[PDB]
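A, B, ... follow the sequence lines: proteins, then strands. Residue 1 opens every chain. Both ligands and their constituent atoms are indexed starting at 1 by order of listing.
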2 protein chains.
Amino acid sequence: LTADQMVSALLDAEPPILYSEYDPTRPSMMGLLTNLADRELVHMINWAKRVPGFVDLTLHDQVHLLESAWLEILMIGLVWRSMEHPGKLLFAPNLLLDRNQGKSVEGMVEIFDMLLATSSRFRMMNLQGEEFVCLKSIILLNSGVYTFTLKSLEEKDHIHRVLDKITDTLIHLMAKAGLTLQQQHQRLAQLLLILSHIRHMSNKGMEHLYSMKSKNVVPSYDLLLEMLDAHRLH
Amino acid sequence: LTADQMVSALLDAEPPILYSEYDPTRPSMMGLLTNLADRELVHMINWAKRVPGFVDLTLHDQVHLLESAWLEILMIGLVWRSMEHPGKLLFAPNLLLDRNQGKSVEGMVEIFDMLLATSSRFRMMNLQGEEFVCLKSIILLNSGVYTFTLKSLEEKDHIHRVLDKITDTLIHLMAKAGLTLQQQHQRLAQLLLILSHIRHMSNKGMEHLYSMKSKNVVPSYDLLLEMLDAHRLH
Ligand SMILES: CCNCCc1ccc(CN(CC)c2cc(OC)ccc2[C@@H]2CCc3cc(O)ccc3C2)cc1
Ligand SMILES: CCNCCc1ccc(CN(CC)c2cc(OC)ccc2[C@@H]2CCc3cc(O)ccc3C2)cc1
């Protein structure tokens, strides 16, 4: 694929923005966030299978990547959605929350605060949609590569080749916009350093989920495999 | 500073490699690792104060950065030390451990495994010492920038300016070595993506320390401030 075709593939693969399920005519938070994220995950699977190179991996490796990255992907999506809404997190168009509304759950305002900080950072850098889809694909391919035989060596080589292709695509987007070569590598670095903070927020979020001690709230490898291991009957 | 002078400053600022304290004539693990890391932290402070731009920050902001980054810095140092020792972690020249020797502590082999994976990754990329010192400085300036007034806006602007200068330095190292422009941004991206895994390992390690429920094992803000807030009487 060319860089322009890579971008086009990623934009067309974008998942939709889902709504929270609550009667708007009625006067709770963990349940809304749980239901929303669970519905988003199904669309995640569909999106990941359209990330170029992802379906060339073994199904086992596909599951490992999604297992490691799913919460990071949910959060970067949230941060991107919330970019143009200072001080608020657009979990859904009908669920736009501020940090005060997170005080009703222990541990929530801390996570809200980091998401709000990342969204403000996105805003100051004026993150573009084309950069955002590249970053999200990078998360999917990178976050689990470190926890994977002759086959595994070939899978890791392919992942790094795709990641390199995404780097080239980000640089190409930046060159097309008229940035100097110095501005290009400076902006590439700034965007990739943000991914370390997204990892950070995900780990804090995973801590919260595991503390909930709920059977199904963290998606199992078997569930993720069931979702990814689709048949060809449709 | 020029890029060559930046590199020279970072190399000269490097901390020493400390030894574990144990009678080698005698026949335990958490205690050795605790003592070693605590002695390393004092040298960390000295090193951080020599990272160009770091001492231009407020002392409050200096402490915040070190509080967020100290375990990441310890682990990248470990991974770098262990690079030329496949399957082992060189905690110290007299404490070279394999993953089997981590099975004696619950949760240890999992952390060992991620450190070993990162060290193998360093080895395959043939990480250079000049790149390593740049990456370590990036960790110090980046890992806490998201949890910080007119003064704070100026502090964050300065941090991003220094980070941009470190990006330029990494690219300069790569250009001097004869890499193409494409190889330069591909390698920059590969190195910065590794920092997301170092964040990951640090968060898992922080989880372990907080579970220990030991008063002094996680350095307090006040302790870090006491260490950083030095007088000019020597
Ligand atoms: C798919 C498998 N089962 C998912 C079940 C599930 C998922 C998420 C949560 C809520 N959670 C866990 C980190 C959370 C908690 C907070 O304070 C404690 C603050 C913010 C959050 C996220 C922040 C990102 C985010 C993005 C979205 O797109 C949608 C929701 C959220 C909530 C509960 C249960
Ligand atoms: C400075 C303030 N007080 C520090 C007190 C302290 C620090 C560290 C640890 C041990 N720990 C916590 C993550 C650990 C535990 C493991 O399994 C459970 C495996 C590996 C580790 C690290 C891996 C990196 C690393 C690098 C070094 O340069 C030296 C040691 C280590 C151990 C205990 C107590």
Main partner chain, ligand 1, name from UniProt: Estrogen receptor
Ligand 1 drug: RAD1901
RAD1901 (ligand 1): other chains within a non-hydrogen distance below 4.0 Å: A
Sub-4.0 Å atoms of RAD1901 (ligand 1) with respect to non-hydrogen atoms of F112(A): 19 (C), 20 (C)
Majority UniProt domain at RAD1901 (ligand 1) interface, chain A: NR LBD
For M75(A), the RAD1901 (ligand 1) atoms whose distance to one of its heavy atoms is below 4.0 Å: 24 (C)
Contacts by heavy atom under 4.0 Å between RAD1901 (ligand 1) and UniProt 17beta-estradiol-binding residues of chain A: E40(A), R81(A), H208(A)
Enumerated RAD1901 (ligand 1) atoms positioned under 4.0 Å from heavy atoms of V217(A): 2 (C), 3 (N), 4 (C), 5 (C), 6 (C), 34 (C)
Which segment of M108(A) sits under 4.0 Å of RAD1901 (ligand 1) when only heavy atoms are counted: both
RAD1901 (ligand 1) N/O within reach of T34(A) N/O, cut-off under 3.5 Å: no
Those atoms of RAD1901 (ligand 1) less than 4.0 Å from some heavy atom in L41(A): 1 (C)
Organism of origin for chain A (entry): Homo sapiens
Whether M212(A) lies under 4.0 Å from RAD1901 (ligand 1), heavy atom: no
Site residues for RAD1901 (ligand 1), heavy atoms under 4.0 Å: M30(A), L33(A), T34(A), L36(A), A37(A), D38(A), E40(A), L41(A), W70(A), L74(A), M75(A), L78(A), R81(A), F91(A), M108(A), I111(A), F112(A), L115(A), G205(A), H208(A), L209(A), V217(A), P219(A)
